[PDB]
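Bound complex of Protease NL4-3 and darunavir.
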2 protein chains.
Amino acid sequence: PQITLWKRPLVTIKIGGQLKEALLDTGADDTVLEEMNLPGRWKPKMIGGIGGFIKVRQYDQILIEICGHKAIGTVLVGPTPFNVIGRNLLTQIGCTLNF
Amino acid sequence: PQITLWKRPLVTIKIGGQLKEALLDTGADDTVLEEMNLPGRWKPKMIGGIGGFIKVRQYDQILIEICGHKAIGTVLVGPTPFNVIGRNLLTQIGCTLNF
Ligand SMILES: CC(C)CN(C[C@@H](O)[C@H](Cc1ccccc1)NC(=O)O[C@H]1CO[C@H]2OCC[C@H]21)S(=O)(=O)c1ccc(N)cc1
């Protein structure tokens, strides 16, 4: 679909069999989700945002479904203000910016 | 044009008679630019993201040219790691997400 930006580009995602709301975020390299239980092993990592750096749990090769489109990649879990879908997954679903 | 998301969506912008590089950021409500000494009045503001909040100066009705597309609106100025063009101006240049 084509998504205009008059309001936040919020979409429903499916991860770990649960539905959630997330923000399509072209300014994010990586995908960062709010605290949640995800299966599989994870490694401690750090990620930096506008306000500094936070501790996150890095899950690799996670299946996420974004508006029906499937992606399999890295998901960082930690104290983010919002579920953000970053470019690592936006590329998988074939997302581009157009003006 | 069409901007893919393999790499950061960096574009050249023109603000206050200066050329800068900035992210086209669908995850930013409002445009935030690295510290610069714009003339005119401003209002204090705090904006938050990953890592917490930063203090910024809110200027209104600032003209910005993004890849030849002119826009005018709110520009926040502060110690951001990156110039980001937010939805408040992305809508003005006709920018959409497409997948
Ligand atoms: C977290 C979002 C809901 C909001 N952010 C925009 C977002 O695109 C930032 C924009 C951004 C980009 C680079 C550096 C700082 C902030 N990206 C970001 O935090 O990404 C992190 C996860 O992937 C990594 O890649 C970049 C940093 C990491 S934000 O920078 O904090 C922000 C908040 C409010 C406004 N008006 C403008 C910007």
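The sequence lines are lettered as chains in the order written, beginning with A. Throughout, chain A uses the PDB entry numbering, with the displayed residues spanning 1-99 in order. What you see of chain B is 1-99, where the numbers are those given in the PDB entry. Only this structure's heavy atoms are used, side chains among them; waters, hydrogens and symmetry mates stay out. Every number for a ligand or one of its atoms is a count from 1 in the order of the listing.
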| request: Name every other chain with any non-hydrogen atom less than 4.0 Å from darunavir (ligand 1). | output: A, B
| request: Please identify which atoms of darunavir (ligand 1) are closer than 4.0 Å to at least one heavy atom of B/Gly49. | output: 31 (O)
| Does darunavir (ligand 1) have an atom under 4.0 Å from some heavy atom of A/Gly86? | no
| request: Examine B/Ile50 against darunavir (ligand 1) and note whether any of their N/O atoms are separated by less than 3.5 Å. | output: no
| said: Using a 4.0 Å cutoff against the non-hydrogen atoms of B/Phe82, which atoms of darunavir (ligand 1) qualify? | reply: 13 (C), 14 (C)
| message | Regarding darunavir (ligand 1), does A/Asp29 bring an N or O atom to under 3.5 Å of one of the ligand's N or O atoms? | response | yes
| Between B/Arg8 and darunavir (ligand 1), does any nitrogen or oxygen pair lie at a separation below 3.5 Å? | no
| said: Contact between darunavir (ligand 1) and B/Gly48 is defined here as a heavy atom of the residue under 4.0 Å from a ligand atom; is it met? | reply: yes
| Which residues lie close to darunavir (ligand 1), i.e. with a heavy atom under 4.0 Å? | A/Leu23, A/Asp25, A/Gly27, A/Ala28, A/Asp29, A/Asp30, A/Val32, A/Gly48, A/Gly49, A/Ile50, A/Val84, B/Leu23, B/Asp25, B/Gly27, B/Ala28, B/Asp30, B/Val32, B/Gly48, B/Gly49, B/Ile50, B/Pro81, B/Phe82
In a simple table, one pair per line, please give the protein and darunavir (ligand 1) atom names for every N or O pair closer than 3.5 Å, along with the distance.
| unit_1 | atom_1 | unit_2 | atom_2 | d |
| --- | --- | --- | --- | --- |
| darunavir (ligand 1) | 8 (O) | A/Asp25 | OD1 | 2.5 |
| darunavir (ligand 1) | 8 (O) | A/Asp25 | OD2 | 3.2 |
| darunavir (ligand 1) | 8 (O) | B/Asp25 | OD1 | 2.9 |
| darunavir (ligand 1) | 8 (O) | B/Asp25 | OD2 | 2.5 |
| darunavir (ligand 1) | 17 (N) | A/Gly27 | O | 3.1 |
| darunavir (ligand 1) | 23 (O) | A/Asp29 | N | 3.1 |
| darunavir (ligand 1) | 23 (O) | A/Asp30 | N | 2.9 |
| darunavir (ligand 1) | 25 (O) | A/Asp29 | N | 2.8 |
| darunavir (ligand 1) | 25 (O) | A/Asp29 | OD2 | 3.3 |
| darunavir (ligand 1) | 36 (N) | B/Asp30 | N | 3.3 |
| darunavir (ligand 1) | 36 (N) | B/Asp30 | O | 3.1 |

